[PDB]
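Pictured: Lon protease 2, co-complexed with bortezomib.
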Amino acid sequence: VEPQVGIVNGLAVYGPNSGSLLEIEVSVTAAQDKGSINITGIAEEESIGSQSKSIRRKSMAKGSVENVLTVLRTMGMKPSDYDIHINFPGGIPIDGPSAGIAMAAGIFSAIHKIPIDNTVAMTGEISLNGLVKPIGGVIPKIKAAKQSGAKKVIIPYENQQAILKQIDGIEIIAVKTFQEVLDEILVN
Amino acid sequence: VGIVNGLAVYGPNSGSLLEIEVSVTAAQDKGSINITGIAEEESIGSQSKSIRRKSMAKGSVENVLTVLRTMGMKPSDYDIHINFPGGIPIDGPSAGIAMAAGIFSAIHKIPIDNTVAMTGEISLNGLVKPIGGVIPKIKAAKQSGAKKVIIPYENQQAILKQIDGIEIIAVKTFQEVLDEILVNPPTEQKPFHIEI
Ligand SMILES: CC(C)C[C@H](NC(=O)[C@H](Cc1ccccc1)NC(=O)c1cnccn1)B(O)O
Ligand SMILES: CC(C)C[C@H](NC(=O)[C@H](Cc1ccccc1)NC(=O)c1cnccn1)B(O)O
Ligand code: NA
Ligand code: NA
């Protein structure tokens, strides 16, 4: 209907050739106390195991949020000033590092009250130095964005391939940096 | 945000170079250590008896902080975030000297030679302890375009002398790692110079 504050279109893949678009929602309020970060709708922990051994870690999605908050501090924001809540609606259990640029964009937008273009979808792992790192399932993700009525899709520079140029009816933007993501999507 | 070139082995003979990211900022509150990209806990055994422990990676981070403390740094003055990039859980004690160098470099600003990769467990006294997969690690350092690789002294063996096209530096201490990888910082608009 409109560009909007703290709503960003992310992308997911389930197995080789099955992509989808998720409408990630970000709320930022002046902190009650020390500031906080909460996420609804993500894996909190992953376990990988064999017969006799297994490891457990905080999820790549939760790790991704911590990278995002470190990047926003290097850019001169103070996330400790805010209680921040990110919501992946629907109740679907999602994981992975590839929503890093989308959550970062969502928080930036919510903090600055600058709406994000609703015609854009994006996928991109974020590094602590603001670089956009390659992701999985970029073709099914682009087709999901198109299939959903997105005019544009932001992908990491290193996911660029010749075959992408053969896709019609959606603008594919390759980015190296989170600043380039903000340039592409923020409205005024 | 500084980069240190760490090394990993996956199966008997495959190595990779990891660009480990280290962010160190003035503490927002009581200071903090956060690591992304690692195993945090390991369970070993069966139904009948199993143990659970902090991962080797997490233990390695605790040893790093103790060493920096014994060297007169106060890691609790900082919020420290180390990111091991991508989407594989990494584990092991062998990134001890990489994480310690990355934090050192970030605290003092004295930046890290980007042509150097390294592997080594760190002890509390700051000795560099032997690691596994030293040969595939060296080969992966070479393939990534590293000109130098730091290894533990006790990993030195005759056959490494057969490896061409990379300088292999054996170290006994963390101070030696820092002697070898730290570059003279820039000199412009400084009241004095720091030389290594
Ligand atoms: C937080 C989410 C949206 C990030 C994206 N996740 C996914 O695409 C993941 C697949 C993935 C890819 C790489 C690493 C781990 C898991 N997909 C899902 O979680 C998923 C998709 N559809 C239904 C239910 N779950 B990304 O890493 O590709
Ligand atoms: C923190 C990491 C980088 C330290 C290094 N780890 C690895 O090489 C470990 C194997 C290992 C070796 C010794 C003890 C435990 C596990 N490798 C990995 O975790 C690994 C390697 N390639 C891709 C993804 N993960 B080291 O202990 O050799
Ligand atoms: Na994504
Ligand atoms: Na290593």
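Reminder, nothing fancy here: chain letters follow the sequence lines and each chain counts from 1. What you see below is based on every heavy atom in this structure, not just the backbone, and it leaves out hydrogens, waters and symmetry mates. Read the numbers this way: they start at 1 and go in the same order the structure lists the ligands and their atoms. So this one's X-ray crystallography, 1.9 Å, going by the header.
Counting repeats, the structure shows bortezomib at ligands 1 and 2. Other chains contributing a heavy atom less than 4.0 Å from an atom of bortezomib (ligand 1): A. Not one N or O of A/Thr123 is nearer than 3.5 Å to an N or O of bortezomib (ligand 1), by distance alone. Protein heavy atoms are found inside the 4.0 Å sphere centred on atom 1 (C) of bortezomib (ligand 1). Where the criterion is an N or O separation shorter than 3.5 Å, residue side chain and backbone included, A/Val13 meets it with respect to bortezomib (ligand 1). The source species given by the entry for chain A is Bacillus subtilis subsp. subtilis str. 168.
Remark: distances from the non-hydrogen atoms of A/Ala43 to bortezomib (ligand 1) are all 4.0 Å or more.
Bortezomib (ligand 1) does not have A/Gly137 within reach: every non-hydrogen atom of the residue lies 4.0 Å or more from it.
When each atom of bortezomib (ligand 1) is checked for a heavy atom of A/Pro93 under 4.0 Å away, the hits are 24 (C), 25 (N). Interface atoms of bortezomib (ligand 1) facing A/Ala99, defined by a heavy-atom separation under 4.0 Å, are 1 (C), 4 (C). Residues of chain A contacting bortezomib (ligand 1) are concentrated in UniProt domain Lon proteolytic. Given atom 24 (C) of bortezomib (ligand 1), the protein heavy atom at minimum distance is A/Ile92 CG1, 3.5 Å.
No heavy atom of A/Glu125 sits closer than 4.0 Å to any atom of bortezomib (ligand 1). No N or O atom of A/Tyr14 sits closer than 3.5 Å to an N or O atom of bortezomib (ligand 1). Less than 4.0 Å from bortezomib (ligand 1), one finds the following other ligands and ions: ligand 3 (sodium ion). Here the heavy atom of the protein found nearest to atom 26 (B) of bortezomib (ligand 1) is A/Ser98 OG, 1.5 Å.
For bortezomib (ligand 1) and A/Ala12, the ligand atoms under 4.0 Å from any heavy atom of the residue are 8 (O), 21 (C). The closest approach between any non-hydrogen atom of A/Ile135 and bortezomib (ligand 1) is not below 4.0 Å. Protein heavy atom closest to atom 6 (N) of bortezomib (ligand 1), with residue, atom name and distance, is A/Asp95 O, 2.7 Å. Counting heavy atoms under 4.0 Å, the binding site of bortezomib (ligand 1) comprises A/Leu11, A/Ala12, A/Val13, A/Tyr14, A/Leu22, A/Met60, A/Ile92, A/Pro93, A/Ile94, A/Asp95, A/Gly96, A/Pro97, A/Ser98, A/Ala99, A/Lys141.
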